[PDB]
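Structure of interest - contains temsavir.
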Amino acid sequence: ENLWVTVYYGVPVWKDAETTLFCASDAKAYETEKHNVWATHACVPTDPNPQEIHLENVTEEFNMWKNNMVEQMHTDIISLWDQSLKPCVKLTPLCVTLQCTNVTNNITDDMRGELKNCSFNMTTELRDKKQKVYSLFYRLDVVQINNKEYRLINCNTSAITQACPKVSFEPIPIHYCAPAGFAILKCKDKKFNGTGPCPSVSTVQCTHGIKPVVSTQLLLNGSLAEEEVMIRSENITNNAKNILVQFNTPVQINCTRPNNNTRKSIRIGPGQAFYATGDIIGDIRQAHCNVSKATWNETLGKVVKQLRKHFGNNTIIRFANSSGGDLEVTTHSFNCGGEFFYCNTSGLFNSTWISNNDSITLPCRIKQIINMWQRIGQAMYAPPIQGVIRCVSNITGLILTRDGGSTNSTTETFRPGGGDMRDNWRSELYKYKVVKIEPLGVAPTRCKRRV
Amino acid sequence: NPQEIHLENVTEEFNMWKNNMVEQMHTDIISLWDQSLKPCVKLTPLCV
Amino acid sequence: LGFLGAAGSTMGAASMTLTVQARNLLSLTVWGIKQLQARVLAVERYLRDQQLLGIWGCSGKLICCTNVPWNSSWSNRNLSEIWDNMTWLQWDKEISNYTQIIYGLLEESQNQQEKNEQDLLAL
Amino acid sequence: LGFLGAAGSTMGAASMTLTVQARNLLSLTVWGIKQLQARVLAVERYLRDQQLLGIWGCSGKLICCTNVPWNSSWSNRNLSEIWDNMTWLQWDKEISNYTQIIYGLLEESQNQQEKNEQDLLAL
Amino acid sequence: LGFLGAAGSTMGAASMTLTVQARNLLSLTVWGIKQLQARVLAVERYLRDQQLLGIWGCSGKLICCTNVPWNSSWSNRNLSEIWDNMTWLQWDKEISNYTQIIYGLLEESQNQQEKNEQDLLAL
Ligand SMILES: *[C@@H]1O[C@H](CO)[C@@H](O[C@@H]2O[C@H](CO)[C@@H](O[C@@H]3O[C@H](CO[C@H]4O[C@H](CO)[C@@H](O)[C@H](O)[C@@H]4O)[C@@H](O)[C@H](O[C@H]4O[C@H](CO)[C@@H](O)[C@H](O)[C@@H]4O)[C@@H]3O)[C@H](O)[C@H]2NC(C)=O)[C@H](O)[C@H]1NC(C)=O
Ligand SMILES: COc1cnc(-n2cnc(C)n2)c2[nH]cc(C(=O)C(=O)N3CCN(C(=O)c4ccccc4)CC3)c12
Ligand SMILES: *[C@@H]1O[C@H](CO)[C@@H](O[C@@H]2O[C@H](CO)[C@@H](O)[C@H](O)[C@H]2NC(C)=O)[C@H](O)[C@H]1NC(C)=O
Ligand SMILES: *[C@@H]1O[C@H](CO)[C@@H](O[C@@H]2O[C@H](CO)[C@@H](O)[C@H](O)[C@H]2NC(C)=O)[C@H](O)[C@H]1NC(C)=O
Ligand SMILES: *[C@@H]1O[C@H](CO)[C@@H](O[C@@H]2O[C@H](CO)[C@@H](O)[C@H](O)[C@H]2NC(C)=O)[C@H](O)[C@H]1NC(C)=O
Ligand SMILES: *[C@@H]1O[C@H](CO)[C@@H](O[C@@H]2O[C@H](CO)[C@@H](O)[C@H](O)[C@H]2NC(C)=O)[C@H](O)[C@H]1NC(C)=O
Ligand SMILES: *[C@@H]1O[C@H](CO)[C@@H](O[C@@H]2O[C@H](CO)[C@@H](O)[C@H](O)[C@H]2NC(C)=O)[C@H](O)[C@H]1NC(C)=O
Ligand SMILES: *[C@@H]1O[C@H](CO)[C@@H](O[C@@H]2O[C@H](CO)[C@@H](O)[C@H](O)[C@H]2NC(C)=O)[C@H](O)[C@H]1NC(C)=O
Ligand SMILES: *[C@@H]1O[C@H](CO)[C@@H](O[C@@H]2O[C@H](CO)[C@@H](O)[C@H](O)[C@H]2NC(C)=O)[C@H](O)[C@H]1NC(C)=O
Ligand SMILES: *[C@@H]1O[C@H](CO)[C@@H](O[C@@H]2O[C@H](CO)[C@@H](O)[C@H](O)[C@H]2NC(C)=O)[C@H](O)[C@H]1NC(C)=O
Ligand SMILES: *[C@@H]1O[C@H](CO)[C@@H](O[C@@H]2O[C@H](CO)[C@@H](O)[C@H](O)[C@H]2NC(C)=O)[C@H](O)[C@H]1NC(C)=O
Ligand SMILES: *[C@@H]1O[C@H](CO)[C@@H](O)[C@H](O)[C@H]1NC(C)=O
Ligand SMILES: *[C@@H]1O[C@H](CO)[C@@H](O)[C@H](O)[C@H]1NC(C)=O
Ligand SMILES: *[C@@H]1O[C@H](CO)[C@@H](O)[C@H](O)[C@H]1NC(C)=O
Ligand SMILES: *[C@@H]1O[C@H](CO)[C@@H](O)[C@H](O)[C@H]1NC(C)=O
Ligand SMILES: *[C@@H]1O[C@H](CO)[C@@H](O)[C@H](O)[C@H]1NC(C)=O
Ligand SMILES: *[C@@H]1O[C@H](CO)[C@@H](O)[C@H](O)[C@H]1NC(C)=O
Ligand SMILES: *[C@@H]1O[C@H](CO)[C@@H](O)[C@H](O)[C@H]1NC(C)=O
Ligand SMILES: *[C@@H]1O[C@H](CO)[C@@H](O)[C@H](O)[C@H]1NC(C)=O
Ligand SMILES: *[C@@H]1O[C@H](CO)[C@@H](O)[C@H](O)[C@H]1NC(C)=O
Ligand SMILES: *[C@@H]1O[C@H](CO)[C@@H](O)[C@H](O)[C@H]1NC(C)=O
Ligand SMILES: *[C@@H]1O[C@H](CO)[C@@H](O)[C@H](O)[C@H]1NC(C)=O
Ligand SMILES: *[C@@H]1O[C@H](CO)[C@@H](O)[C@H](O)[C@H]1NC(C)=O
């Protein structure tokens, strides 16, 4: 009848608790190296075979929009880019006026200035003497001031820091591991929309590989839904809230920079080289991404079927191209092998859906001065890539947006949109919750310590 | 006064060319020179 | 089986698998800084309940029976509806009002059979 | 009452309040650096006397009675003028000449009843 | 005498000098960084075998006798050619195939006399 307190150690109980997750990178320097802007060397080796334990009987609750696993990965990548852009050249000497001339002129096309041939004065070697140099600039990075004179788009508002040409920009999968005494709970649901109970939970030491690829309007090289297209929004009745779609089957997108560029070195100071573009060997072609017309068509009819589960079974859903903003929010901007593309995704979102081989070429264009996103008076110059760029990737989702007017109207317009790379991390980490394990317990057992 | 203990009846094998005690002292002195040359003058104005 | 595998099992069935959880609680760039505070934070958190588990006398044990009664005003349940009916998380949520009271009784009752056994050692 | 409250009490009266002191010894900018070496310096300093208190056999105890006599040349005082008359600080200052001698006898005498009990376990 | 002095001695003669080794395992510029990871790396490596030595029940001991037999397929040697003939390094190299088996038997056999003693405490 009488009971006594007995303490147990190692009892299964946990609480949600934000902590400092670290790295595990499977792809350490495989005798190949070429340090990148990320993990590589510094991220702890990953397990050959991770352990996953299926917690039976247990129904946890997930909220994909109050996750601190993505508010910590957001600042882990702003500071991985800062720490790799501090130890290399600052292009402050390049705020001279440039005497740009169109590379083609009366050469081809409508006399378009897609490329400019800009010559300027610079102090090579000695700080007194300055010789006349030249380089090839894009029309997106020179602002006419008034064979007129130009100037770099950036250097009245931001400070340029040339990216160190030895680091690689190819994303490497990253596993976010948790210290000892903490665990990450994985929702093994196949139809999970990031909020509400998950009756099939699991315990993992750290997440799967997460490529830190940042893009806008289209989530490339991501993870795919297991069963169906999944629509996830913070507040599906708010127009100011983005919508994150997730494809069950990838849509392959090929694109190139078919111009055989050539990097050339300009000495901006003693022991400091500016890597400009010398010339183009061959015909001057235009960059572009290719998407299958039929595969996109059927994958966009799967999205409209799920969009009808939240916007009425009987409604007309039409997609339209992005309205306004920076070139990164109005265009599908990505980074293909160290080269930043801003593709015109107006042929993709040009449809209208009512309730009951061929390719699409998207004219991308290249930028060389890149501003940081959530905004600072800072920019990065990406040195030219010497060669022909050609990368292929998977579209695994969209970042959509709605426009006001759905109060009396019987139609929905879905412009694409990006520009916030916090919505890039939560399209991957949506199913992970970090918990902390409390291993001490008491309970009446009718023991008694022997005196 | 450092302590030195003579391990009797023990015979180890040494390889002076695969020692990692010197591949770590090598980078401990490149970075001791770096950390003392960062906080003083840069003679860039002297390229006249 | 596995770390936290008996999380949804009743209190009784999860007491057989203590050593699974107990053996898992220990295990200068931006990566180095956050990999070094994960190690420090994991030894100071593990030493926090080793010290606690030592002022109660249950130093090297996973189950320790103490000399303090249950008081029946902390939980007036049976010994069968507690050990096969309630999981550890449910029991913790129910008894969370009196843990700081039970914890203070566990160490004030251990440094009382530590002086009683010290007095008995002289006789 | 309170951490170090029985600092001016005689040795006898301050031995009842050991658990007050024992439960308090554990608990990248300029602030972050000096907050991180306070944590590291406080777990190692705590593990130095846990290890020492373990080679003497008094692992999970606050008072442990040992098998080594007093030798009467370390302090030839009574057992009453020591336990009610001298505070702990006075006793420490008086016996500071022989702590490194008593400390080395406490562990050479514990790994002698650890082999004697190991030999007795086979019989 | 001295840390590791009985390294080339047979297994039997080096078991008398355990406290020499056991008492030595604990003890922001370029120098400060690498002096700070030497302290952290030395408390976490010392706590790794204190936890292991605690799930086996040998918490505050340098020699602990366990309740698991030898199985004679781990090493079929005498008790005299093992304790006076083989040094500790030789024995470790010979028995390295079955340490992860013996280690897993040492803790599954300790949380079996920890529940048997818990069941015996109610009678
Ligand atoms: C989505 O994910 C896919 C696959 O994960 C990515 O595709 C990769 O794209 C990169 C960038 O273009 C490729 O890397 C480049 O490959 C070029 C050709 O590949 C040859 O060489 C590799 C390695 O030997 C072979 O495996 C391959 O079969 C080919 O024979 C190389 O010429 C490039 O080399 C240049 O860069 C490297 C690193 O900077 C330098 O060391 C070189 O000297 C040279 O300057 C470069 O390595 C990669 O191969 C592609 N992988 C696959 C499987 O196709 C997409 O890029 C990615 N998309 C996004 C938006 O993230
Ligand atoms: C390029 O942006 C910086 C520019 N310059 C700096 N710095 C300059 N000096 C210093 C100390 N930092 C930066 N630091 C962090 C930066 C960032 O992480 C950052 O904003 N993005 C990195 C990822 N991404 C892209 O790949 C990108 C992707 C698709 C289209 C266009 C660009 C988005 C923006 C950063
Ligand atoms: C960009 O303009 C420069 C002029 O500053 C061109 O360089 C000249 O090219 C012609 C023809 O190849 C040569 O005869 C001259 O000697 C070059 N002058 C110098 C100073 O290099 C350059 O060819 C132009 N590039 C492009 C792609 O149009
Ligand atoms: C680079 O500097 C040179 C001078 O060092 C500039 O050439 C001068 O242009 C002015 C224009 O009024 C003439 O009066 C001078 O006679 C020129 N000096 C020469 C040719 O030696 C040249 O325009 C500058 N180029 C830039 C700033 O792009
Ligand atoms: C830096 O210069 C640019 C270009 O001159 C400025 O952006 C222009 O701002 C005016 C203000 O109405 C607009 O009419 C132009 O269309 C803008 N130019 C472009 C290319 O969009 C910018 O404001 C300047 N930075 C400052 C003043 O801080
Ligand atoms: C693009 O998606 C295809 C799937 O259609 C990926 O190829 C699959 O890769 C997984 C492992 O990554 C394999 O298990 C499948 O068998 C592959 N299927 C096919 C049809 O190849 C491809 O790796 C993706 N490319 C990326 C993400 O760059
Ligand atoms: C891009 O242009 C370069 C020239 O700078 C090409 O490299 C030349 O390739 C040919 C045959 O492939 C060789 O005979 C030359 O000796 C190479 N020159 C140099 C400087 O390397 C390169 O092949 C071109 N790339 C493509 C894809 O056409
Ligand atoms: C993107 O490029 C891949 C190859 O990198 C193309 O895949 C080829 O597709 C054709 C179909 O006409 C097959 O015959 C080839 O065997 C495929 N090659 C490989 C290597 O798989 C793909 O068709 C391209 N897609 C687009 C939209 O351009
Ligand atoms: C999206 O597409 C529409 C039409 O397909 C484009 O609308 C044009 O907008 C400009 C304003 O800059 C007007 O001068 C044109 O008359 C519009 N065209 C039509 C047919 O109405 C719009 O520019 C496109 N925007 C993006 C970002 O692609
Ligand atoms: C992206 O592509 C679209 C269509 O391919 C372009 O839309 C053109 O916009 C101009 C004025 O804004 C109109 O006069 C043309 O008739 C439009 N074309 C079509 C086919 O509708 C758009 O200009 C391109 N670039 C941007 C930045 O949107
Ligand atoms: C979106 O698609 C429609 C039709 O699918 C395109 O309509 C074009 O309208 C112009 C009007 O001058 C016609 O000359 C074209 O023939 C039409 N296209 C077709 C395929 O018939 C419209 O241009 C497309 N918009 C974008 C931005 O791509
Ligand atoms: C989960 O609940 C079911 C319900 O009957 C039960 O059979 C099962 O034993 C529970 N899980 C575990 C691990 O016991
Ligand atoms: C380059 O082409 C653009 C196209 O409109 C034109 O406005 C500009 O004047 C041209 N510059 C030169 C130097 O020909
Ligand atoms: C294919 O595209 C046309 C319009 O381009 C559309 O009407 C049709 O529904 C699409 N087919 C599928 C299967 O989505
Ligand atoms: C389909 O239409 C029905 C109308 O009866 C509606 O209730 C339902 O939500 C729509 N979507 C479905 C069934 O997925
Ligand atoms: C090594 O061999 C010698 C010779 O027999 C012996 O005296 C000595 O004790 C051995 N080593 C040790 C550590 O005792
Ligand atoms: C039991 O708990 C009650 C509740 O506060 C408390 O008043 C009492 O002192 C405790 N002890 C006994 C013996 O009841
Ligand atoms: C407690 O156990 C006794 C033992 O038979 C049983 O009669 C009683 O119903 C139990 N109480 C509850 C609430 O289950
Ligand atoms: C200090 O002296 C006073 C007076 O005798 C005494 O009451 C007190 O107990 C002494 N200090 C302590 C800590 O007891
Ligand atoms: C007691 O202390 C004295 C003082 O050094 C020492 O010589 C002696 O060996 C110790 N042991 C005994 C039993 O007296
Ligand atoms: C030691 O205690 C005895 C016990 O009565 C007493 O007679 C003696 O005076 C005490 N010695 C001192 C120095 O107080
Ligand atoms: C002894 O070791 C063998 C070797 O694998 C193993 O099969 C057996 O289960 C172990 N136990 C006994 C009692 O032999
Ligand atoms: C093992 O010990 C016995 C005890 O006398 C002895 O007869 C036997 O020869 C020993 N075996 C070996 C291999 O030394």
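Just so we're on the same page: letters track the sequence lines, and every chain starts at 1. The figures here come from the full heavy-atom set of this structure, side chains too, leaving out hydrogens, waters and symmetry mates. Portion of entry displayed, and contacts counted within that portion, nowhere else. Atoms within a ligand are numbered from 1 in the order they appear, just like the ligands themselves.
- Within this structure, temsavir can be identified as ligand 2.
- The chain in largest contact with temsavir (ligand 2) bears the name, in the PDB entry, of Envelope glycoprotein gp160.
- With heavy atoms closer than 4.0 Å, the chains neighbouring temsavir (ligand 2) read A.
- The PDB records the biological source of chain A as Human immunodeficiency virus 1.
- For temsavir (ligand 2), the residues with heavy atoms nearer than 4.0 Å are A:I77, A:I78, A:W81, A:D82, A:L85, A:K86, A:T161, A:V214, A:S333, A:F334, A:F340, A:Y342, A:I370, A:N371, A:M372, A:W373, A:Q378, A:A379, A:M380.
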